[PDB]
*Asks:* 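Here is a complex structure; among its components: silmitasertib.
Counting begins at 1 with the first residue of the sequence. Counting starts at 1 for both ligands and their atoms, in listed order.
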Amino acid sequence: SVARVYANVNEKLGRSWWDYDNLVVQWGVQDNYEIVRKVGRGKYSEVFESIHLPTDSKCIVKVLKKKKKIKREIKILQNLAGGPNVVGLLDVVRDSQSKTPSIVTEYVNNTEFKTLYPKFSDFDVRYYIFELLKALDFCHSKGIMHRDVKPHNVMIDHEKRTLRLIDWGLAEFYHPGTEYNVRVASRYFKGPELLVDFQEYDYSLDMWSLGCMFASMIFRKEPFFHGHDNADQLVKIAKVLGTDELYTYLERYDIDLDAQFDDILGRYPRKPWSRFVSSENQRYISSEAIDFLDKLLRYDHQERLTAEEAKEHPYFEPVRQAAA
Ligand SMILES: O=C(O)c1ccc2c(c1)nc(Nc1cccc(Cl)c1)c1ccncc12
């Protein structure tokens, strides 16, 4: 398997674009930042609201815990500089003694998605998904997969109507035929390729994750596919897409399933998208939304829309018009 778009981007841009092992960071002055308030903690980071003291301006300091992965995240954030709806890198600093690095990013006025998403209109969903598609089409066009696309990593200032894709700590460069680690993404947003241990994945992983997110929004069910473990996650997906399309996909990519799917995985017919429509979510539902969702949520990553193809979908016509 090789990506159907942007496969040769890292080839064309060469070693100085993707070789993060040999990154030399020009560290900023740590005493130029003051930390004010912790805003959050991750598996990999603490995040604090802070001040850039020379300018007295609001910013974020992300303190990070292998060295390899710090360099990857920094090199990606430098390469993505200037890109639409990508979180802006302000600096990289570290402790004088301990050498613990921190990434300094722009501050965003987020509304938590459990609160924000239900307040959305149909146009709002169309608009923010379109804004997210600009960020993903940008990073894919630069040889980079995000690999952790989920609502926590999409920051929305609903007053400014502005969007930022954050947390590039799982992101990687795409190299044709590379076998990538499948333990990426949070469980609810993992593509089938991660769940059957198909390692030769590409940018199209982000598009499955986008699909899950989009299903949450239009069907008002967070998360859409609610599995308990990685095994059950594939069962929840199979109970919607069906097992017929699953077996053709496995056959097509020569994937053999783990032995202990045979007890838990039954034969399920395809549930139509229409069966998820209710009184409460009908506000979001149109024939264009379902068709768009259908073209993102495919077993076969090579059948999913590209971010670019997705921007031309009729679903986004109210948004292209409103921008003229
Ligand atoms: O990782 C980044 O690149 C990254 C970049 C920017 C923010 C962030 C993470 N996390 C934020 N908040 C947050 C909220 C809950 C949990 C956690 Cl760990 C963090 C946040 C807030 C305000 N503006 C920018 C950010």
*Asks:* Of all chains in the model, which has more heavy-atom pairs under 4.5 Å to silmitasertib than the rest, named as the PDB entry has it?
*Replies:* Casein kinase II subunit alpha
*Asks:* Which residues, given by chain and number, make up the 4.0 Å heavy-atom shell around silmitasertib?
*Replies:* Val39, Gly40, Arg41, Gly42, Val47, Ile60, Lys62, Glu106, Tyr107, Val108, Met155, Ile166, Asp167
*Asks:* List silmitasertib atoms under 4.0 Å from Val108, heavy atoms only on the residue side.
*Replies:* 22 (C), 23 (N), 24 (C)
*Asks:* Any idea what organism chain A is from, going by the entry?
*Replies:* Cryptococcus neoformans var. grubii Bt85
*Asks:* What do you reckon, does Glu73 have a nitrogen or oxygen under 3.5 Å from a nitrogen or oxygen of silmitasertib?
*Replies:* no
*Asks:* Using a strict 4.0 Å cut-off to heavy atoms of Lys62, name the atoms of silmitasertib that fall inside it.
*Replies:* 1 (O), 2 (C), 3 (O)
*Asks:* To the nearest 0.1 Å, how far is atom 8 (C) of silmitasertib from its closest protein heavy atom, and which atom is that?
*Replies:* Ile166 CD1, 3.7 Å
*Asks:* Quick one: nearest non-hydrogen protein atom to atom 3 (O) of silmitasertib, plus distance?
*Replies:* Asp167 N, 3.0 Å
*Asks:* Give the atom numbers and elements of silmitasertib that come within less than 4.0 Å of a heavy atom of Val39.
*Replies:* 12 (N), 13 (C)
*Asks:* Using a strict 4.0 Å cut-off to heavy atoms of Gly42, name the atoms of silmitasertib that fall inside it.
*Replies:* 18 (Cl)
*Asks:* Identify, for atom 16 (C) of silmitasertib, the protein heavy atom at the shortest distance, and state residue, atom and that distance.
*Replies:* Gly40 CA, 3.7 Å
*Asks:* Is the shortest N/O to N/O distance between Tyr107 and silmitasertib below 3.5 Å?
*Replies:* no
*Asks:* Which residue holds the protein heavy atom closest to atom 20 (C) of silmitasertib, what is that atom called, and what is the gap in Å?
*Replies:* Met155 CE, 3.4 Å
*Asks:* How far is atom 11 (C) of silmitasertib from its nearest protein heavy atom, and which residue and atom name does that atom have?
*Replies:* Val47 CG1, 3.9 Å
